[PDB]
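Structural view - omecamtiv mecarbil in its complex with Myosin-7.
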Amino acid sequence: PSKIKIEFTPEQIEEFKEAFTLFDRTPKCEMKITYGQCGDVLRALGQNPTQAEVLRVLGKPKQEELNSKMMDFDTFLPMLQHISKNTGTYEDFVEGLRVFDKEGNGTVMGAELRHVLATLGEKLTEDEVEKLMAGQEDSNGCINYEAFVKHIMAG
Amino acid sequence: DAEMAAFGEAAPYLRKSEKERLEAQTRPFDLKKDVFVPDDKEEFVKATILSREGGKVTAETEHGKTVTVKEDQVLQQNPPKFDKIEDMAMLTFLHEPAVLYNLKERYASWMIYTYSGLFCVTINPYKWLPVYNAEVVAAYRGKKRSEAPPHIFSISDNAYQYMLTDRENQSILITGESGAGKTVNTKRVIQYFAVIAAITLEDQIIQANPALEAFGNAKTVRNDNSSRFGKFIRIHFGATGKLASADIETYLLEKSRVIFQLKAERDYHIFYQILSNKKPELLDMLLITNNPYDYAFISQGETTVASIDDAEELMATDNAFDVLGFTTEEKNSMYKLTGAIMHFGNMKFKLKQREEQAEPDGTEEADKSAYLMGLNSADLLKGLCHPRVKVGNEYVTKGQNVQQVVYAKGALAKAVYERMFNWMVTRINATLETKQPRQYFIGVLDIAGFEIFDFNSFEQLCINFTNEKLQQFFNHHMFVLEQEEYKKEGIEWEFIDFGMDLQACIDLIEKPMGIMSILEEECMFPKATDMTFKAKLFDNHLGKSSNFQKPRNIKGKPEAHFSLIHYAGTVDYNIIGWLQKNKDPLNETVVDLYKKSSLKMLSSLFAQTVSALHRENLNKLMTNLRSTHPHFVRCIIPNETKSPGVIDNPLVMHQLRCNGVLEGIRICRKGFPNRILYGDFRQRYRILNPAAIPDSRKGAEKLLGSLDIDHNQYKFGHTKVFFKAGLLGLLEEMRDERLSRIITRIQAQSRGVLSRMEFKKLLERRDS
Ligand SMILES: COC(=O)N1CCN(Cc2cccc(NC(=O)Nc3ccc(C)nc3)c2F)CC1
Ligand SMILES: Nc1ncnc2c1ncn2[C@@H]1O[C@H](COP(=O)(O)OP(=O)(O)O)[C@@H](O)[C@H]1O
Ligand code: VO4
Ligand SMILES: [Mg+2]
């Protein structure tokens, strides 16, 4: 927290200060975020940390702290700097999805990839999977996993 | 224990608790003291060394006995971390008592399956265990060998994974003596694929066995539910692994059982199932009483079995036929022919006054037989007493005495029964064939097992010869083809002689001038007798073939003519009637009446030698098996009294020795039992380090070389990468671990996209 030297230009800080303000859901409009929405703001600002990496920079909080512990921008900024230091290649991603390619034809069954993202690793909700998978399946309900990897990496 | 939660109530019968694991691990043990010593009655016993003196050890046995033995007779006990080990290929000290005691200790905890290298050992519990339910089936699905406890379901799942990974047909070869557990494990393999596919072909494959067992199984002195036929069940799969179809090939049903029984045995189950009076309409339809002792063909031995509810079993048989889609007409025709067989054996005959010619002695039982068979009883009786011969537009009759008619009557009943059983198998296959596309199959072999009775005849030779060939198939796969694979591939390897080869015994039985070939030649000589056959066997083999010996005749035991040193033991064979059994002749006048029957089933059933046909079935089966990757299940009989949880050390030791279990574990440990083509290696393991593969062989070298592994545990062949089973298990764990981390990273990028999608909506309202 204190050891973190802030490297960002003052213009970047002001750009991040506004993105952080857009996430304000406080009743008094105090421009603060709950510990639970930190992941979202790091992600809105171009980062892709795991749920575990977010929890580590938050100092391993309880679910109660994620729901109702407030954070100001001054506390958020060193967390953004630390997360930006630390991801997996396109090749790793394609090889991971190839495991589910039964035939080796370049596609994976839509319902199978949806099931994998909602059961394995740091599970995504059925809602998160629905939103992410929207309009990605072909006429046969299949997914071109290397086109999908390019889609999420450009997102 | 939480990792075992998916298995439910089966969990303590499959894997020991973490609490037991900690108890074993910390139990008292001294590597120097805790040993095994030979024992004249118990094979080997656990002992603690008391004194070491001039090349000999003085130890105290587990039975409180001081024994003095040579240092080279003493074998080391494996430390407690190895107690009840799941795979015996992992033991530090591999020897006979280590294997025996590991099996005994698992069996004492009701853990009846143990891996032994790439094969599996199973010991008959003689008790129902809650390890075969749909919850256990679901729990085994897709599990690696390390993550799941040993079970018949995991052997089945492993075979399925090998099928899809290697793109080759698989076989599950289940060995054992009579009553060891082959039929139970065969039905469990079928259950596994049927239940997985269910999560009516699936119902039909499960119901095929009760229908077959009613007609093809019987109580023998060794097994209350003994299989009297062999079978190969193929479960067909589509290219992506979906269940497609199934088929059943059956081999050589024991025909004599239909009309003959030894003292301590029954005829086929069906007769007793019908006579149970569970469906009283069957007794009225078949024109029979409820007394088996009223029917000559079925009551020569036993009629009841303590462990079998014949009333309950007839309902299982009748329901199996319904599920299988057999019509009422098809079901009733099978019952009617069974009843007709019962009546047929009760037809009595007498000699005419002035000639050695048979004539009916009453006609009541012939009338009932003909009625059920859709024949005229006068035609039946005339055909049996005066079989027709064609001589230029006349059917002259051949004379027959009572011995000839009785024999002919028996041959005909045996033929009707065998053809009916074969009709039923063809009819089961008609429903099991779905016309659904397939690419692969997993075949399950269930033969009639090694048996020794007080009286061993032609049927015991054919059975025991099948077991000999199957043991030799294991020997060949494990010790011959395996070492050949290493050499062809260019893997540094010194040939090991495992002393597992049954060629001399197999040659004695099937090669020219052997037992079967001599019998077949004697069948072609019209004047040959059982004693010209017996003389020919002795002249060609006594003092010439190591496995052919004199009989070991004992007073209060039936007489034998020779003894054969089989893999599983020395068997004394009685040679009477072997020529007749081999030729299997039939009265062709009565066969013509069967062809003209008003009962459509009997009409269709009838629309050179047994040894020749057996030899042809065997070697055609052995070539189907050669084009599959075999998986062996070695079923073991624990004791001679059907006592649950009781182990007889010499009996278990004998079975492990003649099965070649230790030699089999050794080749798995010393060799490289897992292998993969270079192209296939790249597809499966590039995920471990994609940077190492940015030539398929060079790529495999670079990738394996970049890993923190024992680099001695893999070898490069001309076309494949070879692995020790332990290294493969580690690579699979590493692959699963890396896949989990990649999915986590894909999910993090996915959360990034979703948050950025929402951020773009927020910006569009104010800033964009
Ligand atoms: C240890 O865990 C397991 O039991 N499994 C893990 C996943 N495995 C898949 C898999 C990987 C690597 C190689 C092969 N194939 C192979 O060894 N083929 C082979 C070996 C010997 C013979 C006589 N014939 C063909 C393969 F299937 C198989 C299950
Ligand atoms: N795994 C098992 N669980 C429970 N009982 C078993 C098991 N294996 C064998 N048995 C018992 O032993 C009998 C003989 O087994 P079976 O499979 O018919 O032998 P075989 O090897 O002759 O085909 C069974 O009917 C059953 O009573
Ligand atoms: O008793 V068995 O099924 O081996 O014949
Ligand atoms: Mg059987």
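Chain A is the first sequence line, chain B the second, and so forth, proteins listed ahead of strands; every chain is numbered from 1. Reckoned from all heavy atoms, side chains included, excluding hydrogens, waters and symmetry mates. One-based numbering, in listed order, for ligands and for the atoms of each.
Counting all copies, omecamtiv mecarbil can be found at ligand 1. Other chains in heavy-atom contact with omecamtiv mecarbil below 4.0 Å, by letter: B. Heavy-atom contacts of omecamtiv mecarbil within 4.0 Å involve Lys144(B), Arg145(B), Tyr162(B), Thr165(B), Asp166(B), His477(B), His629(B), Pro673(B), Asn674(B), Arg675(B), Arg684(B), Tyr685(B), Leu728(B), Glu732(B).
At the top of the distance list for atom 16 (C) of omecamtiv mecarbil, counting protein heavy atoms only, stands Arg675(B) O, 3.1 Å. Checking only distances, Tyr162(B) never comes within under 3.5 Å of omecamtiv mecarbil, N or O to N or O. Taking only nitrogen or oxygen atoms, main chain and side chain alike, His477(B) does not reach within less than 3.5 Å of omecamtiv mecarbil.
Interface of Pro673(B) with omecamtiv mecarbil, defined as ligand atoms under 4.0 Å from a residue heavy atom, comprises 20 (C), 21 (C). In the vicinity of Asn674(B), heavy-atom distances shorter than 4.0 Å reach the omecamtiv mecarbil atoms 17 (O). Per UniProt, the domain of chain B home to most contacts with omecamtiv mecarbil is Myosin motor. Summary of contacts: the protein heavy atom closest to atom 14 (C) of omecamtiv mecarbil is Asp166(B) OD1, 3.6 Å. Taking every heavy atom of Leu728(B) and a limit of under 4.0 angstrom, the matching atoms of omecamtiv mecarbil come to 11 (C), 12 (C). Summary of contacts: the protein heavy atom closest to atom 5 (N) of omecamtiv mecarbil is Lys144(B) CG, 4.5 Å. Atom 1 (C) of omecamtiv mecarbil has its closest protein heavy atom at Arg145(B) CB, 4.1 Å. For atom 10 (C) of omecamtiv mecarbil, the closest heavy atom belonging to the protein is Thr165(B) CG2, 3.8 Å. The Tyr685(B) neighbourhood of omecamtiv mecarbil comprises atoms 11 (C), 12 (C), with distances under 4.0 Å to a heavy atom of that residue.
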Write 'none' if nothing qualifies; otherwise put on separate lines each N/O atom of omecamtiv mecarbil with a protein N/O atom under 3.5 Å away and their distance to 0.1 Å.
| residue | atom | partner | partner atom | Å |
| --- | --- | --- | --- | --- |
| omecamtiv mecarbil | 15 (N) | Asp166(B) | OD1 | 2.9 |
| omecamtiv mecarbil | 15 (N) | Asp166(B) | OD2 | 3.3 |
| omecamtiv mecarbil | 15 (N) | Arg675(B) | O | 3.3 |
| omecamtiv mecarbil | 17 (O) | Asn674(B) | ND2 | 3.0 |
| omecamtiv mecarbil | 17 (O) | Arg675(B) | N | 3.3 |
| omecamtiv mecarbil | 17 (O) | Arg675(B) | O | 3.3 |
| omecamtiv mecarbil | 18 (N) | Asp166(B) | OD2 | 2.8 |
| omecamtiv mecarbil | 18 (N) | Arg675(B) | O | 3.4 |

